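Drug present: ritonavir.
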There are 2 protein chains.
Amino acid sequence: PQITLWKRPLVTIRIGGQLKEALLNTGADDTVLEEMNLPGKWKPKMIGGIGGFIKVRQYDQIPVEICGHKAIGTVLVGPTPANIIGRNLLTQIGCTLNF
Amino acid sequence: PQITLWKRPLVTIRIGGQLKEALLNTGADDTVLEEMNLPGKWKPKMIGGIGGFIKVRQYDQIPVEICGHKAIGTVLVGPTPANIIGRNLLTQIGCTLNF
Ligand SMILES: CC(C)c1nc(CN(C)C(=O)N[C@H](C(=O)N[C@@H](Cc2ccccc2)C[C@H](O)[C@H](Cc2ccccc2)NC(=O)OCc2cncs2)C(C)C)cs1
């Protein structure tokens, strides 16, 4: 698809076999998801948002399906009020900024 | 311009009379720039995200130059760890996501 920015670019993502609504975010390297248990090893991380930093768990090689598109990559799980799909996965699904 | 997402989508913006780098951010409802002086009035405001919210000055109908593209809109000024160009202005310059 080709999403416009008049409204927040929200889409459906599937991960761990669970379906979630996410926001496409060119403004961030990594992808952050709302708390949700996931399998695998994981290292602790600290990431800074607009109002400060939050602690997250970084999982690697996690398959995440975005709007029908396949992606496998590093996912950060933690206190975020919104599942934000970052650049790495964006490029994985062939997303670009056009103007 | 076709922007890949493999790297930060930074672009030069000319505002007021200053030319600085800002991120084309589709994960932001608003445009936020780092502390600076701007002419005009302004109502205080609190914008938030990961880590919480921050205090910013809201200026409206502010001229902004983003890659030979002229836009006139709302510009929040304050303690942002990054110069952000949000959807309010991205749409103005006719920008979309495609994949
Ligand atoms: C509540 C929820 C349903 C929503 N609210 C909104 C509206 N809001 C609040 C925003 O758009 N808020 C913006 C914002 O921070 N957007 C964010 C997405 C988000 C939205 C809501 C809650 C948490 C994260 C997305 C933005 O690209 C910012 C920009 C940025 C860059 C460097 C330093 C700080 C910030 N990115 C991050 O906060 O990235 C965190 C990281 C990810 N991986 C590593 S750090 C502000 C800049 C204005 C959209 S969805």
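As listed: the chains are lettered in turn, A, B, ..., one for each sequence line. The PDB entry numbering applies to chain A: residues 1-99, in that order. Numbers in chain B track the PDB entry; the residues on display, in order, are 1-99. All values below come from the heavy atoms of this structure, side chains included, with hydrogens, waters and symmetry mates left out. In listed order, ligands and their atoms are each counted from 1. Technique stated in the header: X-ray crystallography, 2.2 Å.
- Counting heavy-atom pairs under 4.5 Å, the chain with the most contacts to ritonavir is listed in the PDB entry as Protease.
- In this entry, the other chains with a heavy atom less than 4.0 Å from ritonavir are A, B.
- Around ritonavir, within 4.0 Å by heavy-atom distance, are found A:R8, A:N25, A:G27, A:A28, A:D30, A:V32, A:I47, A:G48, A:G49, A:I50, A:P81, A:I84, B:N25, B:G27, B:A28, B:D29, B:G48, B:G49, B:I50, B:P81, B:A82, B:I84.
- Listed in the PDB entry as the source organism of chain A is Human immunodeficiency virus 1.
- Of all atoms in ritonavir, numbered sequentially from 1 with element shown, those under 4.0 Å from a heavy atom of B:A82 are 32 (C).
- Listed by atom number, the atoms of ritonavir under 4.0 Å from A:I47 heavy atoms are 41 (C), 45 (S).
- Of all the atoms in ritonavir, the ones that sit under 4.0 Å from a non-hydrogen atom of B:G49 are 15 (O), 22 (C), 23 (C).
- For ritonavir, the polar-atom distance check against B:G48 finds a nitrogen or oxygen pair separated by under 3.5 Å.
- Checking only distances, B:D29 does come within under 3.5 Å of ritonavir, N or O to N or O.
- Residue contact check: A:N25 has heavy atoms under 4.0 Å from atoms 25 (C), 26 (C), 27 (O) of ritonavir.
- Checking only distances, B:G27 does come within under 3.5 Å of ritonavir, N or O to N or O.
- Atoms of ritonavir lying under 4.0 Å from any heavy atom of A:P81, numbered from 1 in the order shown and given with element: 22 (C), 23 (C).
- Atoms of ritonavir found under 4.0 Å from any heavy atom of A:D30, numbered from 1 in the order shown, are 42 (C), 43 (N), 44 (C).
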